Amino acid sequence: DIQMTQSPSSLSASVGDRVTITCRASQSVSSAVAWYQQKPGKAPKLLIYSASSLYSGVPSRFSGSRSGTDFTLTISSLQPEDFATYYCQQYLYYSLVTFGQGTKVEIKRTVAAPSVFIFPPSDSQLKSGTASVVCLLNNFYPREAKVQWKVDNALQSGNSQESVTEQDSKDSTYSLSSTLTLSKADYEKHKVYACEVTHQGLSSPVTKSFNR
Amino acid sequence: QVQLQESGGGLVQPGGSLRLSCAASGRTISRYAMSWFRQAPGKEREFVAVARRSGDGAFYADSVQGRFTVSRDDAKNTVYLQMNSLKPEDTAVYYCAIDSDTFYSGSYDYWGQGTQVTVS
Amino acid sequence: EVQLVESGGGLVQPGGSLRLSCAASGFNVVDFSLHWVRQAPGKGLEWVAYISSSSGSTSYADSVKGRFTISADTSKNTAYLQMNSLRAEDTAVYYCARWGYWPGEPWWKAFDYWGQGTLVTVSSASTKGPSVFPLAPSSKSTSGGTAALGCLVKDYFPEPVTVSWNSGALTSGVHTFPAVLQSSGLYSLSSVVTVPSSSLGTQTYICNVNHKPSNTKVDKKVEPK
Amino acid sequence: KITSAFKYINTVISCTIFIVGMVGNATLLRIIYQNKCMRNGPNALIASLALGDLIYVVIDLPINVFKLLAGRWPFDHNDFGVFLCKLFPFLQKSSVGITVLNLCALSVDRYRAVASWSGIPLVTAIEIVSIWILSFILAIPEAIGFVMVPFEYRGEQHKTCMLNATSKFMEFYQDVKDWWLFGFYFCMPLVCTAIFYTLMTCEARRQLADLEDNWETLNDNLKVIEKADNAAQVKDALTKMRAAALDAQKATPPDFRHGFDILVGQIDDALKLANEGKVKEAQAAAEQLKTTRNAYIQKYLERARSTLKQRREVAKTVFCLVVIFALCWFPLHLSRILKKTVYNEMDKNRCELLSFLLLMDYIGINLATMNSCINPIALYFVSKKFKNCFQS
Ligand SMILES: COC(c1ccccc1)(c1ccccc1)[C@H](Oc1nc(C)cc(C)n1)C(=O)O
């Protein structure tokens with residue numbers, strides 16, 4: 001009950017900008033709403049309470065505002081210490097407490113296309129009986145990208161686990177790798193392996209293939 | 001089927017300013033992202049600028065950083081580029097395009113007819 | 001200042017039981033209530049349970065109702081949470097927060113001091129040594145340019161995984177990935193190095209992964225395909 | 001042509017204005033500082049506005065009637081005699097400026113006080129003195145540019161004081177001054193006041209639209225819990241009750257706060273009882289709220305409402321004077337601006353239009369002068385508070 005919705009899921013902003021996050025409730029809760037800041041691998045800390053109030057130990061750039069059922073958090077100057085995950089909570093009573101989904105704030109840069117450097121599986125994997133067709137996209141921004149798996153010039157579903165890293169401190173870019181572990185029985189039937197890639201920075205989809 | 005006939009610009013002197021425009025009818029931009037790809041002579045269309053939905057920001061490319069600006073109106077489904085302080089290397093044919101997904105992943109099935117905007 | 005410390009977490013089999021301990025220091029438990037909030041890996045925060053030290057009232061959410069029991073001792077100044085019949089999805093990081101009583105300002109400050117977090121994982125697989133696989137790029141792919149060497153790791157079960165390229169010698173421009181869920185237990189992860197030069201001097205690529213609980217250090221010598 | 005009967009009626013109305021306004025302003029400034037209860041900000045402003053008229057009337061009116069019915073200006077050949085023509089316009093302009101600025105200040109503070117919902121202060125005295133100084137500063141122009149000129153009635157070298165501009169600034173002022181007068185002394189007092197009145201009318205509806213809603217939601221939630229079959233309905237209604245109590249406690253200004261805290265605590269106790277599943281205990285706890293509701297909340301709601309009844313009463317008294325002053329000063333400007341742009345330079349309607357405009361202006365003078373003595377009458381008939389003091 002009393003669900004809280006956070007408007008921007010992700011937000012790109014550079015140093016010295018103004019950022020605003022909006023929370024919306026489903027019931028007439030009073031000013032009993034609070035905000036929290038969390039860096040990865042740490043317990044969140046309090047920022048604002050009573051929907052407009054500074055907690056002792058936070059910079060004055062943080063501000064909050066109440067208007068009816070909607071609530072707004074504003075940072076006038078986005079100093080290099082404001083890149084974390086922000087959370088939004090209502091506490092009308094002890095037992096009934098719900099949280100928002102959270103918002104992630106990151107840097108803003110230019111656009112780089114994913115420079116695919118494909119690599120085939122080693123012979124030892126198929127000797128053991130389970131190879132892994134794996135493709136890589138390196139140094140792209142923004143995060144969104146699409147890869148569709150294709151074997152023997154034909155698309156296929158399953159065994160399509162993928163992971164994405166976090167923004168490196170070198171140039172604030174991402175990277176992704178897709179793995180296609182397969183058994184010897186189907187790998188020996190398969191001959192061609194091509195991974196088709198698409199990015200918003202790449203006009204046309206490019207694929208690179210290796211034979212077996 | 002999304003026509004995006006882009007009018008504006010065409011020729012300018014060095015250090016000038018222009019304002020291109022592409023608009024869509026029957027396919028609102030209110031739920032889609034606008035992209036601008038410059039076709040250079042002999043090279044495939046290169047990304048220049050992009051505009052997300054309302055309030056989601058507008059990324060750019062290193063070729064037009066600060067030199068350009070892209071803003072759109074959802075009431076008429078129109079979008080503009082304001083190029084300032086142009087250099088002679090900008091002579092090419094610009095294209096407008098609309099993505100085919102709601103999560104901005106990679107969709108660029110549509111492509112622009114192409115309007116030549118030279119300089120110098 | 002007010003301090004809350006959580007302890008008593010570890011890996012258990014499905015259907016097992018566990019007990020925690022949130023100790024409070026610097027303040028009396030009978031002046032501030034205690035709550036437990038759970039965070040799944042990569043998910044949002046959710047409420048679990050609550051105990052008032054003075055009144056004794058305890059409350060639970062529908063996610064842990066019937067399998068979680070929360071209590072406290074004032075003389076020990078420590079709260080405890082007991083889980084029974086744990087499930088695989090239940091794995092998460094638990095925190096123990098505090099909240100003041102109604103009449104006056106301390107109620108308006110909500111959660112002001114948190115604990116530190118205790119990680120609970122539920123699994124059935126047994127610890128086993130990791131298996132390494134060379135992941136060199138093809139000769140045709142990126143011939144002369146940056147070549148994406150890789151070292152694929154599979155079939156392994158430590159928490160604090162350490163994977164080093166060139167046995168830790170290769171550090172410039174490396175990309176190591178978080179472990180993926182894989183299947184039938186265990187995890188999977190890989191690391192890739194740009195290394196634009198294709199010199200035979202650096203063609204060694206002795207990628208070493210470690211499994212501390214199993215005392216298994218596995219090195220892979222990739223072949224420059 | 002207008003007969004000397006105009007001169008005689010002008011004399012009679014001037015005498016009437018004197019004999020009425022002198023007494024009225026005397027009683028008003030006697031009462032304002034006689035009573036220990038009628039001392040406050042608005043009353044200090046009204047007292048200043050009232051005193052601004054005695055020093056106008058008791059000096060301007062006698063010389064005005066004498067000059068109106070005599071040979072010429074009194075004391076034609078005197079060093080201080082020429083000072084009379086300097087003093088004559090200065091005092092009137094200062095009086096009108098004081099009145100307009102005081103009405104604007106009344107509108108400003110009337111809007112300010114309503115927003116801050118729940119004996120002259122320093123701010124009021126500072127504003128009063130600042131307005132008094134600014135009126136004279138702005139009206140000096142009229143006292144610097146009035147001079148006497150020669151004329152030859154019955155062969156004499158007599159003097160009559162007209163507007164014979166000397167310095168270039170004086171010519172610039174004479175070239176355009178009617179528009180500046182119209183804008184300053186008729187537009188801004190009739191624009192800012194309307195805006196501030198609208199702002200008030202809007203907020204007051206809001207600062208009271210909510211309170212009624214909160215009271216209604218408490219009562220209807222009580223009605224829901226009095227017949228709640230299961231604990232789910234009890235929790236659902238108690239959540240609304242708690243939200244309403246927390247919202248209403250903020251509106252309450254610093255006794256009542258302790259009662260609101262007690263109500264919130266009792267709602268929490270009922271909710272805690274309902275959580276365990278004891279429906280009957282929850283219903284009993286909700287029923288226990290009758291003691292708190294009819295002991296602290298009822299008196300708070302009663303006083304708050306009736307307090308806002310009084311706040312508006314003053315506002316109506318303040319805003320009656322703006323309308324009265326506007327209706328008094330409109331006709332003169334009407335005959336001053338229609339003889340400028342559509343003026344009868346050569347229009348054939350001079351047989352009819354010219355006489356009508358002449359009469360309109362020559363009665364607008366008297367109507368504008370009547371504004372220096374009507375304020376006691378309007379206050380007596382509309383304030384209903386100064387009425388008691390006047391009766392006593
Ligand atoms: C017609 O003479 C008046 C005057 C003023 C000062 C000295 C001599 C004569 C006058 C005298 C008596 C009553 C009314 C007006 C008149 O006053 C006036 N006051 C305001 C606020 C606006 C306008 C347009 N007029 C004027 O300034 O000419």
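Numbers restart at 1 for each chain; the letters A, B, ... are given by sequence-line order, proteins then strands. Whatever order the structure lists ligands and atoms in, that order sets their numbers, starting from 1.
- The name given to the drug at ligand 1 is ambrisentan.
- The chain forming the most contacts with ambrisentan (ligand 1) in this entry appears in UniProt as Endothelin-1 receptor.
- At a heavy-atom cut-off of 4.0 Å, other chains contacting ambrisentan (ligand 1): D.
- At a heavy-atom cut-off of 4.0 Å, the residues contacting ambrisentan (ligand 1) are D/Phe88, D/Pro89, D/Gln92, D/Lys93, D/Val96, D/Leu181, D/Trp329, D/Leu332, D/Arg336, D/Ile365, D/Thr369.
- Segment by segment, following UniProt's transmembrane list for chain D from the N terminus, the ones with a heavy atom under 4.0 Å from ambrisentan (ligand 1) are 3, 5, 6, 7.
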